[PDB]
2 protein chains.
Amino acid sequence: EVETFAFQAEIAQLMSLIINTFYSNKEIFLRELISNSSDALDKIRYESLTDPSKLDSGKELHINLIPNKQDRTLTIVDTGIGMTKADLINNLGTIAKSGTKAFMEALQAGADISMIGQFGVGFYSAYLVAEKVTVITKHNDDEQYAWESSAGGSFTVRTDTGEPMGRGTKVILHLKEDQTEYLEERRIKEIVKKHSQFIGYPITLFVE
Amino acid sequence: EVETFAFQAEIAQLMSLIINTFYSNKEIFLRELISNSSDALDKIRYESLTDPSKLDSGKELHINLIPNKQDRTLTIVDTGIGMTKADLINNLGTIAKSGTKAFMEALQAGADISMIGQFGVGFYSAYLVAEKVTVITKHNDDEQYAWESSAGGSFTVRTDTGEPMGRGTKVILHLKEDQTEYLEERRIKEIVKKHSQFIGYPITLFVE
Ligand SMILES: CCNC(=O)c1noc(-c2cc(C(C)C)c(O)cc2O)c1-c1ccc(CN2CCOCC2)cc1
Ligand SMILES: CCNC(=O)c1noc(-c2cc(C(C)C)c(O)cc2O)c1-c1ccc(CN2CCOCC2)cc1
C-alpha cells in the first residue's frame with residue numbers, strides 16, 4: 001500500500017535549512033507554488049497544441065486556492081499536466097540535487113531564501129509554513145497518487161482512491177500552528193495581488 | 001531546402017510591438033535568453049537522471065556568450081536539450097499565442113516590457129537589439145536545424161549542414177547598427193552580473 005523513500009541527502013539538508021533558519025518573509029511559499037502550477041499548466045497547453053486529445057481529461061486551465069480553517073490546510077489545485085509516480089519519486093519532477101547545490105552556493109554568495117525558485121526547488125518553500133505537505137497528482141499517462149512528507153528525511157507515495165481529479169496537482173499544506181494567517185481571505189488576496197498578479201491562468205480564491 | 005512559415009497573428013503582433021515601442025531598458029534581452037538556456041539545460045539534466053545515455057551527445061552543461069565585432073553578432077550557445085523541427089515551427093517550444101494574450105493584457109493592467117518572460121515569450125525580446133535572429137538547434141531525437149527571422153511576419157526553417165553541435169541551441173543575434181555595446185566585454189559582464197548572477201550552470205564570456 002504505502003511505499004517509503006529517503007530524501008536524497010541534499011534535499012533532506014535543504015528541508016532542514018528551510019525549517020530551521022529564522023526567516024520572516026514566509027509568504028513567498030505561495031508565489032512558488034502558483035508558479036509551479038503555472039509551469040505545469042503551460043506544459044499541458046503546449047502538449048495539447050499538437051495533440052488536442054490531451055485535454056479530454058479537462059479543458060479548463062486554472063488554479064484554485066482553497067483554505068479550510070477547520071482542517072488547518074491551504075490547498076493549491078491546478079489542472080496542469082500532473083506528475084507520474086516516477087516523477088513524484090524523482091523529487092516531484094525537479095532537478096533537486098543540483099538545484100540545492102546551486103542554491104546553497106548562492107546562499108554563500110549573498111542570496112536569501114526568497115530566491116529559492118530561481119534554482120528550481122521552490123516547492124520546498126512549502127516547509128516555511130507547513131508541517132506536513134500532501135501532493136495528490138494525476139497525469140494522463142498514469143494513475144492518481146498521493147506523495148506525502150512531514151520532512152525528517154523521508155516521504156511516502158501511495159495510490160490515491162479518494163476523489164479522482166481527472167488531471168492536475170493538489171498541494172495540501174497542513175499549516176503550522178502559528179502560521180494560520182495564510183488561511184485568511186484578506187491575507188491570501190494580498191499575497192496573490194503582490195507576488196502573482198501577472199500569471200496567465202485564472203486564480204480563484206475559495207471562500208469558507 | 002528552405003521552408004517559410006507565417007508567424008501566428010499574435011506573435012507577429014508581439015514582434016512589431018517589441019520592435020516599435022520606445023523602451024530604453026533593452027538589456028533584459030540577455031537575461032531572457034540565458035534564462036531559456038538554463039531551462040533547456042534543466043530539461044536535459046532531468047532526463048539524464050533516469051536515462052544517462054541522453055548525455056552521450058555531450059556531458060557538459062553550460063552556456064557560452066560569444067561576441068564577434070566583425071560580424072556584428074552576439075551568440076548564446078547552451079548544451080541544453082535542444083529543439084526538434086516540430087518544436088521550432090511551433091513557436092520555438094513556447095505557448096506563444098496565449099503567452100502574448102496574457103502579456104498584452106498585463107501590459108494593459110500596468111506591466112512593462114521587462115516582464116515579457118513571466119509570460120513565457122522572453123525569446124522575442126531578442127528583437128529589442130537584433131534585426132535578424134538565427135537559432136541553430138540539435139535535439140537527440142532529430143537532425144540539426146536553423147530557424148531564422150528578421151521579423152516582418154515570417155520565419156524560415158532549414159536543415160543545418162555546417163558545424164554539427166552535438167546537442168543544444170545557439171541563438172545568433174545579428175545586432176542592430178546602434179546596439180553594438182552588447183558586443184563589449186565590459187557591457188556583457190555588467191549585465192550578467194546584474195541580471196543572471198545566480199544561474200545554476202557556468203556562463204563563459206568569450207574574448208576577441
Ligand atoms: C513533468 C510532468 N509534470 C510536471 O512538471 C508537473 N505537474 O504538476 C506539477 C506541479 C508541481 C508542483 C511541485 C509539487 C513541484 C506544484 O506545486 C504544482 C504543480 O502543478 C508539475 C511540476 C511543476 C513544476 C516543477 C518544478 N519546476 C521548477 C523549475 O525547474 C523545472 C521544474 C516540477 C513539477
Ligand atoms: C522542449 C524541448 N526543448 C526545449 O525546451 C529547448 N531547447 O533549447 C531551447 C532554447 C530555446 C530558446 C528560445 C529560442 C526559445 C533559447 O533562447 C535557448 C534555448 O536553449 C529550448 C527552449 C527553452 C525555453 C523555451 C521557453 N520556455 C519559457 C517559459 O515557458 C516554457 C518554455 C522554449 C524552448
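Protein chains get the first letters and strands the later ones, always in sequence-line order, with residue 1 at the start of each. Technique stated in the header: X-ray crystallography, 2.0 Å. First listed ligand is number 1; within each ligand, the first listed atom is number 1.
The chain forming the most contacts with ligand 2 in this entry appears in UniProt as Heat shock protein HSP 90-alpha.
By its PDB name, the drug at ligand 2 is NVP-AUY922. Counting only heavy atoms under 4.0 Å, the other chains near NVP-AUY922 (ligand 2) are B. In this structure, the binding site of NVP-AUY922 (ligand 2) at 4.0 Å (heavy atoms) is formed by B:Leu33, B:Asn36, B:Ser37, B:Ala40, B:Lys43, B:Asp78, B:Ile81, B:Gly82, B:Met83, B:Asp87, B:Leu92, B:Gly93, B:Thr94, B:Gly120, B:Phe123, B:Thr169, B:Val171.
Ranking the protein heavy atoms by distance from atom 11 (C) of NVP-AUY922 (ligand 2) puts B:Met83 CE, 3.5 Å first.
Nearest protein heavy-atom contact of atom 20 (O) of NVP-AUY922 (ligand 2) is B:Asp78 OD2, 2.4 Å.
Annotation for NVP-AUY922 (ligand 2): atoms under 4.0 Å from non-hydrogen atoms of B:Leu33 are 17 (O).
Protein heavy atom in closest approach to atom 21 (C) of NVP-AUY922 (ligand 2): B:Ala40 CB, 3.8 Å. Residue, atom and distance of the protein heavy atom nearest to atom 2 (C) of NVP-AUY922 (ligand 2) are B:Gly82 O, 3.4 Å. Shortest contact from atom 8 (O) of NVP-AUY922 (ligand 2) to any protein heavy atom: B:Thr169 OG1, 2.9 Å. Of the protein's non-hydrogen atoms, the one nearest atom 5 (O) of NVP-AUY922 (ligand 2) is B:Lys43 NZ, 3.3 Å. The nearest protein heavy atom to atom 14 (C) of NVP-AUY922 (ligand 2) is closer than 4.0 Å. Of all atoms in NVP-AUY922 (ligand 2), listed by their number and element, those nearer than 4.0 Å to a heavy atom of B:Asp87 are 1 (C), 2 (C). Interface atoms of NVP-AUY922 (ligand 2) facing B:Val171, defined by a heavy-atom separation under 4.0 Å, are 17 (O). In terms of protein heavy-atom proximity, atom 25 (C) of NVP-AUY922 (ligand 2) is nearest to B:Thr94 CG2, 4.0 Å. For atom 23 (C) of NVP-AUY922 (ligand 2), the closest heavy atom belonging to the protein is B:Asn36 O, 3.4 Å.
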N/O contact list for NVP-AUY922 (ligand 2), threshold under 3.5 Å:
unit_1: NVP-AUY922 (ligand 2); atom_1: 3 (N); unit_2: B:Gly82; atom_2: O; d: 2.8
unit_1: NVP-AUY922 (ligand 2); atom_1: 5 (O); unit_2: B:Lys43; atom_2: NZ; d: 3.3
unit_1: NVP-AUY922 (ligand 2); atom_1: 7 (N); unit_2: B:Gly82; atom_2: N; d: 3.2
unit_1: NVP-AUY922 (ligand 2); atom_1: 7 (N); unit_2: B:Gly82; atom_2: O; d: 3.1
unit_1: NVP-AUY922 (ligand 2); atom_1: 8 (O); unit_2: B:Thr169; atom_2: OG1; d: 2.9
unit_1: NVP-AUY922 (ligand 2); atom_1: 17 (O); unit_2: B:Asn36; atom_2: ND2; d: 3.3
unit_1: NVP-AUY922 (ligand 2); atom_1: 20 (O); unit_2: B:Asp78; atom_2: OD1; d: 3.2
unit_1: NVP-AUY922 (ligand 2); atom_1: 20 (O); unit_2: B:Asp78; atom_2: OD2; d: 2.4

